[PDB]
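Snapshot of chloramphenicol at Chloramphenicol acetyltransferase 3.
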Amino acid sequence: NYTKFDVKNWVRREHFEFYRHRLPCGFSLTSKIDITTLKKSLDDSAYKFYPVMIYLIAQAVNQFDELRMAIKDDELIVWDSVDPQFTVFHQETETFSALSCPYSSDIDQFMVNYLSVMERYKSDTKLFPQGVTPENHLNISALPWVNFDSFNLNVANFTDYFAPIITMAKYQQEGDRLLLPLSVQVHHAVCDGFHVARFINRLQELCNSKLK
Amino acid sequence: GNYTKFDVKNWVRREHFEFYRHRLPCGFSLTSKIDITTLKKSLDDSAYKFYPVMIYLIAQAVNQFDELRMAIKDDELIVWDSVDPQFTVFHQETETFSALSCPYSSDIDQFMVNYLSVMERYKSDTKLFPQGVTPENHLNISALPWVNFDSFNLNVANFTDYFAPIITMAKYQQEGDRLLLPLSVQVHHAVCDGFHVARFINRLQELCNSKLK
Amino acid sequence: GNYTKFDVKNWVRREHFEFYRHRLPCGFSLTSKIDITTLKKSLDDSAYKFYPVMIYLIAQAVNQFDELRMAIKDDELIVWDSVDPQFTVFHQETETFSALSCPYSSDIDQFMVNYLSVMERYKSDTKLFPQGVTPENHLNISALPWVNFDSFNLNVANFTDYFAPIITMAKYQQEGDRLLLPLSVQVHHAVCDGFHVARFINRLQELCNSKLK
Ligand SMILES: CC(=O)OCCNC(=O)CCNC(=O)[C@H](O)C(C)(C)COP(=O)(O)OP(=O)(O)OC[C@H]1O[C@@H](n2cnc3c(N)ncnc32)[C@H](O)[C@@H]1OP(=O)(O)O
Ligand SMILES: CC(=O)OCCNC(=O)CCNC(=O)[C@H](O)C(C)(C)COP(=O)(O)OP(=O)(O)OC[C@H]1O[C@@H](n2cnc3c(N)ncnc32)[C@H](O)[C@@H]1OP(=O)(O)O
Ligand SMILES: O=C(N[C@H](CO)[C@H](O)c1ccc([N+](=O)[O-])cc1)C(Cl)Cl
Ligand SMILES: O=C(N[C@H](CO)[C@H](O)c1ccc([N+](=O)[O-])cc1)C(Cl)Cl
Ligand SMILES: O=C(N[C@H](CO)[C@H](O)c1ccc([N+](=O)[O-])cc1)C(Cl)Cl
Ligand SMILES: [Zn+2]
Ligand SMILES: [Zn+2]
């Protein structure tokens, strides 16, 4: 569930109106995450790369209100917590589906939740096997077959859609660092450059930290 | 060219097609670096030039995959049997470009005959479309050889039902022991997922690493 | 300021202007790295700070090229004699930004006078546009100094007839013995092709590598 944001006392109330109504826009930015440390943490564990990245991304998002915003009854709200909606691939059809699972700050509980959803739905070729996407969501996708330096979604109508869209590519070694490309796409009504940078820098810190 | 009506009812992506055509219309771009170390070395011995060879290889990779030859015709999904490249050419005298097309052939020598013929007839014409209207069965290829980029994205005001891939290359540059060509690929999500764009780029990489004859 | 009414009928891009304004309305972004190794050394013997110097050099390069100073005014294409930078200013206390403008000068010292004056008058003002309406003859410049990026693109719902370039710079980063500044340039294709954007980036690179004094 959610709270109504106090727009009238917000430092960004002018910006919110401006980028929602006067100059509606968002932006994407693609950055490399250094996963050198994370790969060492992983290689010494039983967790898999994609669910760990999902967990760390969702953890970072759940720290920052402006990454959990939405419009409900034409008012700005903030979800208390958001769950990741992530894509999965079906090699037999060469199609993908979107699944979600409950976020938990505990990585072991997260992994339980994830592996359970995968067990039930990993072969289901419906686009949305679980039915309606949780309203409190953040979108995560990977393209593990190719490296990219840039990714951008051209959406014909993004009116009042404020959930961040995160896309990863195939990681690759670049000199002395193992680098994961990560695109983050937001609506400027709720996120400026500073908030996106804060998110990325926090995710980088999480990748460089003990997993638990 | 010739086309066939696609069987959407029996398509594994039937649901995705409706979703990304009607519910959430969108496409995406991505920019990837192609390793052209082997190609540049191959081209050192070739009668043919870098840009027309890249056009040929891009067109060959596109022609391999049905989802990169899709269109709406008469408000139904079709697949072109084959698509022809429409490429941009620069005019040094005016600092303007034109778009030319030529018939695709899987045989590089025949392609280059076709390419040279179009260039001979039209290369000095400063009209945007010297040949008249773009053939319906087309891909778009452009080069920006004057600057290296890591990103390129087209912001198109109305891309409704436009499914032909748009390919843009930057100035190549050396990165450690490889020569890398930045290549941007922009598609519509109704017909192409990340898998299909990745498959295209990786196939193109294979073709760049292939013998020219 | 002063502007001229552009002769579209005798323009070499008459047909491109029509095409990308009306037939296929679009623009593009592209992100490139600027080598600021020389500039950074230049600034180690200067009182001038990195951000205003970059504003100056970007504005200087834009002011050299007519196609980066275009607009629609009284429903016709015009060229501004000169454009002034509108730049984003960050307020650390609130973690919000404002947009400020100051007059462009070809003299770096006068430009810095102009910049420091506006900062003194308005740096504590949290309004988005403290000075009032953006000057009609403007260029937009933003910094995003907190994170390095290789791509940046603005997804603008309606960009009809907006021809002023949008320039965005990231956190600079050391790569070997080069210090690289990511720079995104986003234009309308009606007034700028790949050639002009490349020409702008390369000119900026040349200015960064030149004496400031
Ligand atoms: C947004 C947007 O897309 O706008 C741009 C619109 N498009 C245009 O303006 C058209 C641009 N096209 C061109 O300039 C030319 O068609 C192009 C790419 C230079 C090819 O010219 P061309 O037919 O004479 O054939 P090429 O031999 O391939 O090119 C001439 C030289 O440029 C070199 N070259 C071609 N493409 C590239 C590249 N991407 N990076 C670096 N060098 C290049 C090529 O290797 C050759 O070099 P050398 O002489 O050292 O061997
Ligand atoms: C436009 C757009 O967004 O389209 C994409 C649409 N989405 C899709 O098509 C779904 C793509 N997703 C997938 O393919 C799978 O979810 C994905 C990413 C491979 C994860 O699969 P998985 O859940 O079985 O779990 P993982 O162990 O993390 O991944 C499987 C393997 O790939 C490796 N891997 C996963 N992600 C990456 C990556 N980004 N780069 C390099 N290697 C990777 C991982 O190391 C493991 O290989 P090894 O066992 O040999 O070490
Ligand atoms: O469509 C989705 N994912 C795709 C996968 O390629 C993509 O990441 C995307 C995400 C969000 C989106 N949006 O909200 O506009 C559009 C595409 C989810 Cl809505 Cl299932
Ligand atoms: O306009 C074209 N090419 C430009 C050159 O900058 C660009 O590559 C482009 C391609 C396709 C396009 N579209 O289909 O939306 C828009 C721009 C061709 Cl359609 Cl002529
Ligand atoms: O909105 C502005 N700047 C933002 C900062 O994130 C961005 O650089 C931007 C610039 C121009 C623009 N436009 O003209 O469509 C949209 C966003 C200025 Cl108009 Cl104040
Ligand atoms: Zn309003
Ligand atoms: Zn018209």
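Letters A, B, ... mirror the listed sequences (proteins, then strands); counts begin at 1. When a ligand or atom number is given, it counts from 1 through the structure's own listing order.
All copies of chloramphenicol taken together correspond to ligands 3, 4 and 5. The chains other than those of the drug that have a heavy atom under 4.0 Å from chloramphenicol (ligand 5) are A, C.
Residues contacting chloramphenicol (ligand 5) within 4.0 Å (heavy-atom distance) are A:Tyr19, A:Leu23, A:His188, C:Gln86, C:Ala99, C:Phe129, C:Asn140, C:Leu154, C:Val156, C:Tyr162, C:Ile166. Among protein heavy atoms, the minimum distance from atom 14 (O) of chloramphenicol (ligand 5) is reached at C:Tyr162 CE2, 3.3 Å.
Polar contact with chloramphenicol (ligand 5): absent for C:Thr88 (N/O pair, distance under 3.5 Å). Interface of C:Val156 with chloramphenicol (ligand 5), defined as ligand atoms under 4.0 Å from a residue heavy atom, comprises 15 (O). Those atoms of chloramphenicol (ligand 5) with a heavy atom of C:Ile166 less than 4.0 angstrom away are 10 (C), 11 (C), 12 (C), 13 (N), 14 (O). The atoms of chloramphenicol (ligand 5) that sit less than 4.0 Å from any heavy atom of C:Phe129 are 20 (Cl). Per-residue contacts place C:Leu154 under 4.0 angstrom from the following atoms of chloramphenicol (ligand 5) (heavy atoms of the residue considered): 9 (C), 17 (C). Nearest protein heavy-atom neighbour of atom 16 (C) of chloramphenicol (ligand 5): A:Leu23 CD2, 3.9 Å. For chain C, the PDB entry reports the organism Escherichia coli. Of all the atoms in chloramphenicol (ligand 5), the ones that sit under 4.0 Å from a non-hydrogen atom of A:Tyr19 are 1 (O), 2 (C), 3 (N), 4 (C), 5 (C). Short contacts between chloramphenicol (ligand 5) and C:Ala99, defined as distances under 4.0 Å to a heavy atom of the residue, involve ligand atoms 20 (Cl).
Of all atoms in chloramphenicol (ligand 5), listed by their number and element, those nearer than 4.0 Å to a heavy atom of C:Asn140 are 18 (C), 19 (Cl).
Among the atoms of A:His188, some N or O lies under 3.5 angstrom from an N or O of chloramphenicol (ligand 5).
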May I have a table of the N/O to N/O pairs between chloramphenicol (ligand 5) and the protein that fall below 3.5 Å, each row giving the two atom names and the distance to 0.1 Å?
from: chloramphenicol (ligand 5); atom 1: 1 (O); to: A:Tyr19; atom 2: OH; distance (Å): 2.6
from: chloramphenicol (ligand 5); atom 1: 6 (O); to: A:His188; atom 2: NE2; distance (Å): 2.6

